[PDB]
Amino acid sequence: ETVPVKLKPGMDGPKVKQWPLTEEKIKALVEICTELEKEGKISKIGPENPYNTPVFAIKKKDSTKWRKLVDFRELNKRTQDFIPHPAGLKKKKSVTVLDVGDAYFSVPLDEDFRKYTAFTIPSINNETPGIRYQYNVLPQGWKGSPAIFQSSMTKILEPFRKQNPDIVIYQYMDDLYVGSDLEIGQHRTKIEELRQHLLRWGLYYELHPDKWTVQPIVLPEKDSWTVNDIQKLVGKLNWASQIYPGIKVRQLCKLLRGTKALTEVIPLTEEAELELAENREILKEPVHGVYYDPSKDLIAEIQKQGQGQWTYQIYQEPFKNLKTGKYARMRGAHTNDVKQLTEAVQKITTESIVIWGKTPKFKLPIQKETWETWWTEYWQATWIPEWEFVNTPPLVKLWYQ
Amino acid sequence: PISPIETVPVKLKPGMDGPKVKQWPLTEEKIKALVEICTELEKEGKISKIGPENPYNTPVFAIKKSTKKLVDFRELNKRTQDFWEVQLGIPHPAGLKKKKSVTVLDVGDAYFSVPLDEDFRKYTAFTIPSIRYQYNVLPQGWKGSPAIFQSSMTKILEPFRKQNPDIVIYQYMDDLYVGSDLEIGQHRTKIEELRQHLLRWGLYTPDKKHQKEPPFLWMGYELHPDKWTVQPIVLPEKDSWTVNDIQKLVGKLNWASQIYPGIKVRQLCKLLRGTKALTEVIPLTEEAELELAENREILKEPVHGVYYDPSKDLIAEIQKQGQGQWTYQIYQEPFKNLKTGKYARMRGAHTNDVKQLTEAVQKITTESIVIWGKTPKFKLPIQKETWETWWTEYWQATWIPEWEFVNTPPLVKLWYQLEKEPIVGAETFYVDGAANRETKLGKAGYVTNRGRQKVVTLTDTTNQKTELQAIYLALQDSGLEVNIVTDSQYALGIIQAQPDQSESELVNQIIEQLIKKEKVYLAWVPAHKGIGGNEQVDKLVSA
Ligand SMILES: Cc1ccnc2c1NC(=O)c1cccnc1N2C1CC1
């Protein structure tokens with residue numbers, strides 16, 4: 001049978017529109033889509049269905065195979081409401097991620113809700129009308145899916161949980177998060193073990209939580225200080241003063257009284273030396289009393305430092321960061337800000353799941369057109385977060401550098 | 001011409017309900033026209049009689065002047081559910097691939113040949129003033145007819161498409177362009193197979209005798225199956241020129257700027273200043289007579305292009321045609337263009353050629369992906385070095401697809417660079433600016449390590465305006481090198497961004513000074529703190 005489902009009061013189905021895709025991506029979606037038609041997963045629809053959501057194709061970890069990906073961000077917000085996230089997982093030692101989108105194909109979708117899932121495959125140069133289809137079973141990427149299929153999920157995970165009662169399994173949309181403390185060899189296998197147990201009903205990258213913190217701010221150490229040098233330090237210090245209110249700068253400012261040359265080297269009094277020492281000592285730890293509020297939204301802001309570096313901060317309330325960090329590089333595409341920014345977005349969303357089990361609202365230092373033209377060329381997750389574009393201040397970065 | 005095609009289920013918006021509009025009691029003069037019309041119509045299948053059960057009704061008319069019927073369904077439209085948008089984007093010449101032959105079938109009264117949802121069918125009721133009838137096919141001008149017809153059309157072609165994969169069909173409006181690579185006899189033959197096929201499902205199309213001939217005009221171009229052309233347009237001449245007149249000329253010349261070079265409309269455009277009415281007559285000036293001439297010649301040269309060849313690389317080259325303006329062309333064989341265009345001087349709050357060039361590229365890449373589903377290899381008037389230098393010093397994320405340098409002045413460069421560190425032996429100015437928010441009265445100025453200093457009163461100003469002013473002064477009154485320290489993170493940003501183009505008079509005056517200097521180092525400090533230097537100017541620009 002099929003459990004009924006509805007949109008929230010007053011809401012109507014999405015009517016977003018289809019971005020154009022490259023040739024390579026269209027061909028692939030046709031192959032993929034025909035097959036699913038043969039199997040009765042999807043059905044061509046009429047012009048009497050006015051709804052629509054965008055779709056595209058990605059490559060995964062490394063295969064030559066493509067994966068269909070539908071952006072239900074919108075449909076999800078309009079879908080009605082319906083586990084209690086495991087504090088453990090985060091404190092674990094090694095989490096591997098598995099894609100279970102499949103399981104949903106084995107379940108019928110209440111036909112009244114089906115129209116809402118309509119989507120369209122484009123055609124090059126508009127020579128052909130698009131190809132329209134709507135889902136007949138539970139569709140990957142949708143919010144309702146994981147819910148409606150939990151009764152079955154635990155049921156199958158029932159045994160393995162019992163067997164290994166010290167490994168944590170948390171689910172998020174199409175992903176399954178498994179965490180243990182075993183040797184990174186008998187860990188990698190216990191996983192596979194599941195890969196097979198999981199494959200008896202029918203389905204088919206090592207993270208490391210213990211090192212995700214709120215990295216400390218540092219200050220420059222100098223041989224000899226100059227006016228420029230001091231001014232700069234006062235600038236940064238002043239900023240930080242907002243977080244740590246006990247930070248002082250009366251003694252450092254005193255050294256600048258006058259209207260001197262910018263390069264003029266200045267000697268540090270014993271007073272300034274103290275101020276520094278103290279300030280340095282106040283910054284050896286994150287600020288006090290910062291706690292996660294679940295009746296608010298997670299926010300993530302990112303700065304570009306250059307040379308392949310990017311810094312970020314996840315917070316709920318200004319100046320009270322829950323976590324901060326930096327993402328760089330490891331052997332890949334030598335120079336493509338866009339690729340890097342996408343990757344960075346994925347890394348951050350992941351943690352926000354591991355820890356809090358929800359996605360953060362991004363603030364991207366880039367331009368809409370640039371972002372929308374290319375991000376898909378490098379995406380890799382079954383999920384997609386929310387985001388907006390901005391004009392990064394000057395300090396902000398200088399501060400985190 | 002009734003169709004054996006399954007119908008599309010329809011419904012009225014939720015809550016809404018069928019029309020029940022009265023029926024005019026017009027003369028029997030027109031009646032007999034209707035009686036007949038509707039009868040053949042009836043026995044043609046298109047309509048059917050009814051009676052007691054259909055309480056819905058829409059006004060029907062009979063029209064004389066065509067010297068030999070018009071039902072109005074507006075009220076039924078704002079009742080019908082919404083349908084899926086009909087293809088709004090359409091093919092562009094440069095996207096097609098060459099053919100041996102091309103024919104265009106004319107799906108005439110395609111509309112009236114398609115069934116109407118038996119269910120929904122009732123609401124299309126209308127009575128002939130003293131017979132009740134019902135529509136059975138898609139009515140002229142009814143909300144869903146376009147959308148529904150196009151689809152039905154799509155189905156009917158499905159098989160045929162599968163079996164003749166080397167054949168290519170384009171549905172548009174009431175048209176079917178079909179081209180191929182077969183021989184002229186074979187091609188003629190296939191077409192006739194389509195006709196019958198369509199004929200098979202109740203959709204009639206004229207024959208090879210009553211057709212339409214190549215080339216075909218498509219949004220400005222003339223199309224042959226082997227190549228395309230742009231009909232040389234005409235610019236009338238006369239004494240009388242209304243504003244309206246002049247506006248139109250500008251429009252035409254403007255579109256041709258895309259295809260033809262050296263087209264200009266400035267002096268011809270500076271002719272609408274002040275105009276009081278569209279019927280007003282502006283005396284054509286001289287430069288506006290001279291320009292109008294140069295354009296006429298240039299417009300006499302014919303322009304020929306070619307189609308797309310899937311087995312060849314795509315390549316775009318761009319040019320700096322003056323500030324904010326750019327030109328581009330795309331080809332596959334040197335000299336043989338596919339398409340070319342122009343981008344009007346985007347004008348912002350502050351940018352530079354490197355930033356601008358970046359957008360042009362982006363726009364072209366978006367364009368390309370839609371025409372060909374690919375992106376060309378770029379050839380640009382910029383140094384690879386210039387690009388690496390900007391890439392690292394800029395905060396926003398930025399990128400350019402594979403490209404290669406093409407020395408071809410004017411190249412696009414950076415008009416000035418900021419020092420990464422302060423300068424030894426250069427004067428040092430501390431500048432400030434303050435303005436009241438209730439009176440908008442302000443003060444700008446500076447102090448230096450060389451004794452000197454200046455202040456300046458302002459009117460109708462603001463915090464960011466005066467703050468920028470202080471900087472201009474300093475830049476203005478000094479040697480070829482300088483160290484400048486301001487407390488406005490606002491003004492820092494604008495400049496840190498090495499802008500070279502802007503709409504603000506002041507920003508430009510500054511950009512100019514900046515281009516001049518030999519070395520410049522801009523520095524920032526918190527405002528209103530103790531910090532020496534800053535607390536001097538702080539005091540002088542207050543009152
Ligand atoms: C107007 C139009 C729009 C889209 N495609 C075409 C046409 N018309 C043609 O004349 C044509 C010319 C060259 C290549 N394809 C063409 N055809 C395709 C059908 C063979």
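Proteins get letters first, then strands, A, B, ... in listed order; numbering begins at 1 in each. Recorded method is X-ray crystallography, 2.8 Å. What you see below is based on every heavy atom in this structure, not just the backbone, and it leaves out hydrogens, waters and symmetry mates. Read the numbers this way: they start at 1 and go in the same order the structure lists the ligands and their atoms.
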| field | Name of drug found at ligand 1 | value | nevirapine
| field | Bound partner of nevirapine (ligand 1), most contacts, as in the PDB entry | value | HIV-1 reverse transcriptase
| request: Provide the letters of the other chains having heavy-atom distances to nevirapine (ligand 1) under 4.0 Å. | output: B
| query | What organism does the deposit give as the source of chain B? | reply | Human immunodeficiency virus 1
| said: Mind listing the residues near nevirapine (ligand 1)? I'm using heavy atoms under 4.0 Å. | reply: B:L96, B:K97, B:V102, B:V168, B:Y170, B:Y177, B:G179, B:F216, B:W218, B:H224, B:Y307
